[PDB]
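The block underneath contains the structure these notes are about, expressed in structure tokens.
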Amino acid sequence: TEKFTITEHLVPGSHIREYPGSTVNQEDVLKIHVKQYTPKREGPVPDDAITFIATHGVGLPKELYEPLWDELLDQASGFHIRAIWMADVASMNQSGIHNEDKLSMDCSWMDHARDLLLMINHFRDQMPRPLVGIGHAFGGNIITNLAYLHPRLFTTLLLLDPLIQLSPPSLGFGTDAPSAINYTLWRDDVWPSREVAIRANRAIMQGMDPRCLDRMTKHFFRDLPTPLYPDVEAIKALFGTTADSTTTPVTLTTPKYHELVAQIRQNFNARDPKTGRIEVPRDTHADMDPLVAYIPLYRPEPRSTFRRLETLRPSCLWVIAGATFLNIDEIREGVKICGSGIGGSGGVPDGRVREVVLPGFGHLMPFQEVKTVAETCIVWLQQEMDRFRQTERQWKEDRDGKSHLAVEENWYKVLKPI
Amino acid sequence: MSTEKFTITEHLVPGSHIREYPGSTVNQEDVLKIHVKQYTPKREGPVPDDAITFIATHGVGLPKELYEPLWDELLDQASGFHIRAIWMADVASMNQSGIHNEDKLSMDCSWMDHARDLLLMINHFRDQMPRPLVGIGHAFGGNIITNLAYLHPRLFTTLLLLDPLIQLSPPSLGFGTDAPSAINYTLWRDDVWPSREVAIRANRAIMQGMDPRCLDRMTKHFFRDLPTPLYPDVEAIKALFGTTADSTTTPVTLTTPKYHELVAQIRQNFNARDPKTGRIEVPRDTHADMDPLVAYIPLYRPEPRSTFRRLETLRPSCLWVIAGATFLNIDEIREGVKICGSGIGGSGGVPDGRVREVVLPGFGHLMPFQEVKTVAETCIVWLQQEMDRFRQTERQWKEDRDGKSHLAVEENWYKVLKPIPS
Ligand SMILES: COc1c(C)c2c(c(O)c1C/C=C(\C)CCC(=O)O)C(=O)OC2
Ligand SMILES: COc1c(C)c2c(c(O)c1C/C=C(\C)CCC(=O)O)C(=O)OC2
């Protein structure tokens, strides 16, 4: 918004959710809240200007990414931005508010891939090639699954600390340390005032770019009443603030429960009570690897996504936070195999995949190190746009004066008659 | 319009933005449309709440209307399920869709595009398509509907695959000692005739043994009167055939140009060998989807092989209806049946009774048009078993969910997930 016009949209998402308990009724129409960022521009839009399709991390409002968009435009070299499109996942942020009477206690990351495919088809007239995907965290997983759904859709992908790995998270089982997931279930989720909520959440905002701070305090917290906290006076009574009629309690805009059921999924029925043996229940958990069913929580998408990486068609930049809490070593094995097999870009051996590990940077680097994250993206984009322009030109040259109606002469040389 | 048992509604709906192969259209941003027929039973009573929405896909160059007698038979013989409606689209490059798109089509075809076209169609008509949905695919349509199930695992309750093109081996293409196949025939075949009566006789192989109801639809839909883009000059063709004096005959051509059948049956692989080493080097700009193991010949078809390799992940239950006297690699198909749904994402497959093969001795690739009543009967037996399972699993789901909050997680979460140490 330093550099862009913002257009808001509310678009219907994918019919029939991957998990039946993700909505109140299985036919519910979830909507996604989209912001479209169009650069303020005197001249006409260049013909190869990029359409960016961006996805956020769990519980992170799309508006937090606006400084990154400003930096991408400010530092753009050898490419133009037609527009950046970022949607809130249906169960989170502004989308979750719009869908609040239809949401329920489940979440598949795959649904947002289908929601985005629908969005792109809805706005196709404003989204000519080239398209580029950007995904942060579970958004990195989602944008990769969109590339699996539609291999030639994206020219390239920009993954920012993507949740693509094999190993389950730490969940405090046995000797394991409780993780952000344990924290999410048990965390405070309501405060007597926005001022108290902001002070109580100093940790998540430490190191944030000042431009992100204002967006965080506005979007991360929501005034009561909400469906989870429908009674303002009952919460003032809980905090003993009833006498202050001027102040409104706030809650997490994305309920902690909607963060939680995106971070991890219940596996409460995997063990035969007689044999003690794991038997995957296919009615509810067909997508669960029996090897991860040993604990009563799982997350299928990081592992399924990792195992399909050799098929990833677009070129792919993996920007990894050196101080991430994700399994950095598994992520780097993902980089190595990415695009190397059938359907694939050609991967690291063809120079179609690169890792940049940013030492000392954390998971929230898109809000803490906006300029360096943008710079890393721009270097890759200028190389990929050079390759795009050359391969597009060579395509047109090779197609020049070929028929649209009948096959070329070589067919009659290779395929014998009867 | 009407079949024996159904109201027909026609639709023209935009397909998927950006085609899998750039040469499948004149311009890469072209908006292809799919011509859809929606078949709604003529019905006295209200529509039951579990009535099935069928999404159907055809074989290469086979007009959707050929499937209408099969739809009539499904409805006439339906037992233990109701039909909400049957929806069948023509693939963008074929049949009525190809006519609508004729100025935008070009010489390439990915089967994966029709899977995305159908996903868009279902979302467009979602208000008329509550669960349960069931997929039906014939031949390359069997491949397509399976890839739709890969795109959206929980979309279909079950799939009905009629001689699906899912196997590992390339087709026979007359290389070396190999017999030429229907693919060789497709490139070289006559594709224009002085009259529809002559065109019917020239096409007798594809029509032999057809049910009379399918024959009438074939003679109406398989041929198109000139002019067309490929044959834009009626008088030039009457001159070629010596029928200029005869005002009573109009030349006809294939409704689906032979070239659009051909580029669906097989894809050029004209640049797979390093000219220096003679070694196969898959060119990733054009052939990223090509297995180097099938790149030894200058033609390939990726989708049967990719689809086969993902079968263990197929979520819906799956009926494999195989023609006795099919042109498919029947032994590879039977290995596909064995693994179908057996892995991660999968139904549970043959060991859980979620996958069944019915190989009908002596039947033919075109069995959906030649043995309509028996094909319908095979489908109905499977559908009644699957709908019993659907009703039971839906009831058990509702029962298990009955106590539960939509807003907050159940108590068990606080038992399994310990708090952070204070
Ligand atoms: C402990 O961190 C993990 C790890 C290692 C894994 C998963 C997971 O959910 C979390 C919590 C995810 C968080 C806090 C934010 C994600 C985002 O910003 O999108 C998982 O699913 O497999 C591996
Ligand atoms: C000779 O038949 C084959 C075989 C065996 C294979 C393929 C193929 O394209 C054809 C021709 C395809 C047709 C006739 C389409 C049929 C339809 O869809 O009704 C393939 O890709 O692997 C195996």
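Every chain is numbered from 1, with letters handed out A, B, ... down the list of sequences. For ligands, and for the atoms within them, numbers begin at 1 and follow the listed sequence.
The molecule at ligand 2, chosen from mebendazole, oxaprozin, acetohexamide, mycophenolic acid, is mycophenolic acid. Of all chains here, the one making more contacts with mycophenolic acid (ligand 2) than any other appears in the PDB entry as acyl-CoA hydrolase MpaH'.
In contact with mycophenolic acid (ligand 2) at heavy-atom distances under 4.0 Å, by letter: B. Residues with a heavy atom within 4.0 Å of mycophenolic acid (ligand 2): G59(B), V60(B), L62(B), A139(B), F140(B), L165(B), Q167(B), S169(B), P171(B), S181(B), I183(B), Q265(B), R301(B), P304(B), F327(B), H365(B).
Between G59(B) and mycophenolic acid (ligand 2), a contact under 3.5 Å exists for no N or O pair.
The single protein non-hydrogen atom nearest to atom 15 (C) of mycophenolic acid (ligand 2) is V60(B) CG2, 3.7 Å, given as residue, atom name and distance. The single protein non-hydrogen atom nearest to atom 7 (C) of mycophenolic acid (ligand 2) is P171(B) CB, 3.8 Å, given as residue, atom name and distance. For the pair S181(B) and mycophenolic acid (ligand 2), the shortest N or O to N or O distance does not fall below 3.5 Å. Considering backbone and side-chain atoms alike, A264(B) places every N or O at 3.5 Å or more from each N or O of mycophenolic acid (ligand 2). Scanning all protein heavy atoms for the shortest distance to atom 3 (C) of mycophenolic acid (ligand 2) gives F327(B) CE1, 2.9 Å.
The entry's source annotation for chain B reads Penicillium brevicompactum. In terms of polar-atom proximity, defined here as any N/O pair under 3.5 Å, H365(B) does make such a contact with mycophenolic acid (ligand 2). For atom 12 (C) of mycophenolic acid (ligand 2), the closest non-hydrogen atom of the protein is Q265(B) CG, 3.7 Å.
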